[PDB]
Amino acid sequence: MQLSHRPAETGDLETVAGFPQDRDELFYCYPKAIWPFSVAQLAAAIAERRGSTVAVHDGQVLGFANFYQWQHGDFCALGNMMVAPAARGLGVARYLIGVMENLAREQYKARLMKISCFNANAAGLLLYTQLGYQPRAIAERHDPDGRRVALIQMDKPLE
Ligand SMILES: C=CC1=C(C(=O)O)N2C(=O)[C@@H](NC(=O)/C(=N\OCC(=O)O)c3csc(N)n3)[C@H]2SC1
Ligand SMILES: C=CC1=C(C(=O)O)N2C(=O)[C@@H](NC(=O)/C(=N\OCC(=O)O)c3csc(N)n3)[C@H]2SC1
């Protein structure tokens, strides 16, 4: 993969909104969203968040992420990490996490990145572990069926 990045643009939204393939996937990247996902929901997230970024390969938007918390001199918390179905497992999420870590260090002078991952998302837990994140706490949350799920709160020092 040769990947590049840029700020998300309006033109990208229909593409990104296409990424979650089912209710679970949507929940694991955007738990406040309601299925079906839509550009309006995505745009509403972008408006209340920062650092909405896309990753591009061979002319295709393949990844998206942003921050849902940002505290200058302190930390940022990664949100909305989404990858195109055809590009899963090819390093897009790793690439984007690295871009977002740089953004957190550079723009927000953060010392820490926080990532919170739902317990069912084994691939996410394993990837963030590979990238140097450690688990710090587990919180109870509820899924759309009202079932209890565990949110694994991980973090990583940035420099
Ligand atoms: C005239 C040709 C058209 C073509 C064509 O077939 O040549 N289309 C497509 O392939 C359809 N694309 C979209 O719905 C689209 N994103 O696709 C989602 C994805 O990439 O997964 C979109 C619409 S508005 C916007 N900002 N993005 C239509 S658009 C009309
Ligand atoms: C993986 C993506 C995540 C995203 C994201 O990028 O969208 N998050 C947010 O915006 C954070 N909000 C929640 O924890 C949350 N809302 O209440 C917030 C609170 O209690 O403090 C929630 C989750 S399930 C439920 N019933 N509520 C995390 S959860 C991880």
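Per the PDB entry, chain A residues shown: 1-159, in order. Order of listing sets the numbers, starting from 1, for every ligand and every atom in it. We use all heavy atoms of the structure for the numbers below, so side chains are in, but hydrogens, waters and symmetry mates are not. Looking at the header, which is where the method is noted, we find X-ray crystallography, 1.6 Å.
The name recorded for the drug at ligand 2 is cefixime. Here the macromolecule with the greatest number of atom pairs within 4.5 Å of cefixime (ligand 2) is listed in the PDB entry as Uncharacterized protein. For cefixime (ligand 2), other ligands and ions under 4.0 Å: none. Annotation for cefixime (ligand 2): atoms under 4.0 Å from non-hydrogen atoms of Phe118 are 23 (C), 24 (S). Checking only distances, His142 does come within under 3.5 Å of cefixime (ligand 2), N or O to N or O. Here's the thing with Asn80: one of its N/O atoms is less than 3.5 angstrom from an N/O atom of cefixime (ligand 2).
Taking distance alone, with nitrogen or oxygen atoms compared against 3.5 Å, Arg141 approaches cefixime (ligand 2) more closely than that limit. Listed by atom number, the atoms of cefixime (ligand 2) under 4.0 Å from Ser116 heavy atoms are 1 (C), 30 (C).
Cefixime (ligand 2) lies nowhere less than 4.0 angstrom from a heavy atom belonging to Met82.
Shown in contact with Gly79 at under 4.0 Å from a heavy atom are these atoms of cefixime (ligand 2), numbered in order with element: 6 (O).
Counting heavy atoms under 4.0 Å from cefixime (ligand 2), residue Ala139 does not touch it at all. Considering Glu48, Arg49, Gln69 only, the shortest heavy-atom separation from atom 6 (O) of cefixime (ligand 2) involves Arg49.
The 4.0 Å heavy-atom shell around cefixime (ligand 2) contains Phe27, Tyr28, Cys29, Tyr30, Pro31, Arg49, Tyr68, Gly79, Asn80, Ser116, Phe118, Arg141, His142, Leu151.
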